[PDB]
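Co-structure: benzylpenicillin (bound form) and Penicillin-binding protein A.
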Amino acid sequence: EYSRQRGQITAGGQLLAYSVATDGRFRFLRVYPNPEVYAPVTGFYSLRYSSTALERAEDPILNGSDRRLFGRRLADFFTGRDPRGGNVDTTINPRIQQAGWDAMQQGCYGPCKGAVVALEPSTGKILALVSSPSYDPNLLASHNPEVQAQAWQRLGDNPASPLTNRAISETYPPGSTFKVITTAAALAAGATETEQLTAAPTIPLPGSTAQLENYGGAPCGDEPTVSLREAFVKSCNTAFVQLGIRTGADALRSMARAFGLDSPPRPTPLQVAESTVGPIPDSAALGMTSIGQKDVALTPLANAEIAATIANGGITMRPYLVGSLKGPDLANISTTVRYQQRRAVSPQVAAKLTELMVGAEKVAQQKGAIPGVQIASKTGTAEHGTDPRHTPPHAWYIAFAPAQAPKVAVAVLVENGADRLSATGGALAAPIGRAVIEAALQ
Ligand SMILES: *C(=O)[C@@H](NC(=O)Cc1ccccc1)[C@@H]1N[C@@H](C(=O)O)C(C)(C)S1
């Protein structure tokens, strides 16, 4: 294996993983020049612990044993020249990836836990895939057995779990980002932006003693009722609870399926955890589901796709991480074909969601806003866990830009909201999302 030069993983004409000839018993050492930043993409290639992410998924291409490559390897052996693996050109934009990483390291009064996903809505290209904290795959590329095992042990016991790709492997309550799905369900059912909903600071749940309140216990406005548009841009809870229950369990399940939930995701070639709306066993649950709580659980990737789908006029592009596979001579072996996965909503519903989202962006805290770029977004702050009231919530932000003709869609998850009980998506996640947007549009 190691007597032969393994091929490269690339992004934007830059190397993410390469192999270097050494005096080692195993000649070739695998090197990762920007290790923690790209670990979610590259994975690691280890003597002791095998391969992960694209090292693994694209292993036959990279080691030159792929059937489409094997002729070249045979000509190399016969001819006498040194064998070389093939190349994997990813869809990652290094400027967008770096910006997502940097902003997550800086944006929680110190480093954030969580993920950043950037997508090109019209193609499905995964432009960034950041998880935090990360780890150094060079540690596991070491040819020393004790260096690998010590690093493995350390990473394994680290309760922050830096090995986890939080972008695609983990699911979290979306909280109020899911108001996008509730609203879409409502609109498809014939509800309008002018629909009058409760402004009440609190709402009881049917068939339970529990109550759901607005953030800070404040009424949505000073009038008895507000328009759906106004409830959405202010992100008032009781209105969406009322709306969700009005719209009903079947329509919401249905709309969630339409946006890719409760369907097994296609590999990118990396496997993506399945997102869900939950069973919604009763109307108490429906009310909670409506604001992205109860059993709703999404990957940051799925939440970025929701944004991307709206950005694409209601058509979900199949998301993918590999743009092309190449020979060691860089002859084309495989170019990825972009694919329309399904239509989630009519262009008209997508246009109305875009309108609502632009409004919710103007309302949200304004840190990191880019002069002359119109952003559509939805913030969220999701309670979680066995002691949710005493546990810091996740700060979420999904968005796309420019709102009129989108070039990028993002999701930002700040898991546990910088260890603050008063964490919000607008305060933590939104400026991270905006910096990624700015990097993508530069
Ligand atoms: C959606 O995320 C809502 N979040 C809060 O209600 C947190 C919460 C508290 C108790 C139970 C369940 C959830 C609203 N949306 C966010 C947001 O837009 O970021 C607000 C903080 C504005 S409240």
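Just so it is clear, chain A uses the PDB entry numbers, and the residues here are 47-488, in order. Determined via X-ray crystallography, 2.3 Å. Counting starts at 1 for both ligands and their atoms, following the listed order.
Tracing benzylpenicillin (bound form) through the model gives ligand 1. Taking atom 12 (C) of benzylpenicillin (bound form, ligand 1) as the reference point, the nearest protein heavy-atom neighbour is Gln339 OE1, 3.6 Å.
Heavy-atom contacts of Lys424 reach the following atoms of benzylpenicillin (bound form, ligand 1): 18 (O) (cutoff under 4.0 Å). Closest to atom 6 (O) of benzylpenicillin (bound form, ligand 1) among all protein heavy atoms lies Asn283 ND2, 2.6 Å.
Residue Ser281 has at least one N or O atom closer than 3.5 Å to an N or O atom of benzylpenicillin (bound form, ligand 1).
The deposited structure shows a covalent link between benzylpenicillin (bound form, ligand 1) and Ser222 OG.
Scanning the protein heavy atoms around atom 8 (C) of benzylpenicillin (bound form, ligand 1), the nearest turns out to be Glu429 CG, 3.8 Å. When non-hydrogen atoms are compared, benzylpenicillin (bound form, ligand 1) lies under 4.0 Å from neither the backbone nor the side chain of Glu259.
Counting only heavy atoms of the protein, atom 23 (S) of benzylpenicillin (bound form, ligand 1) lies nearest to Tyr261 CB, 3.5 Å. Taking any N or O of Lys225, backbone or side chain, none lies under 3.5 Å from an N or O belonging to benzylpenicillin (bound form, ligand 1). For benzylpenicillin (bound form, ligand 1), none of its N or O atoms has an N or O atom of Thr470 under 3.5 Å away. Between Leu258, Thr427, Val409, it is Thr427 that holds the heavy atom closest to atom 19 (O) of benzylpenicillin (bound form, ligand 1).
The protein atom (non-hydrogen) at minimum distance from atom 18 (O) of benzylpenicillin (bound form, ligand 1) is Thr425 OG1, 2.6 Å. Taking any N or O of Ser222, backbone or side chain, at least one lies under 3.5 Å from an N or O belonging to benzylpenicillin (bound form, ligand 1). For chain A, the UniProt active-site residue nearest to benzylpenicillin (bound form, ligand 1), measured heavy atom to heavy atom and given to 1 Å, is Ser222, 1 Å. Counting heavy atoms under 4.0 Å, the binding site of benzylpenicillin (bound form, ligand 1) comprises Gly221, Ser222, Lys225, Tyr261, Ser281, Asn283, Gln339, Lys424, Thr425, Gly426, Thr427, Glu429, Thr470.
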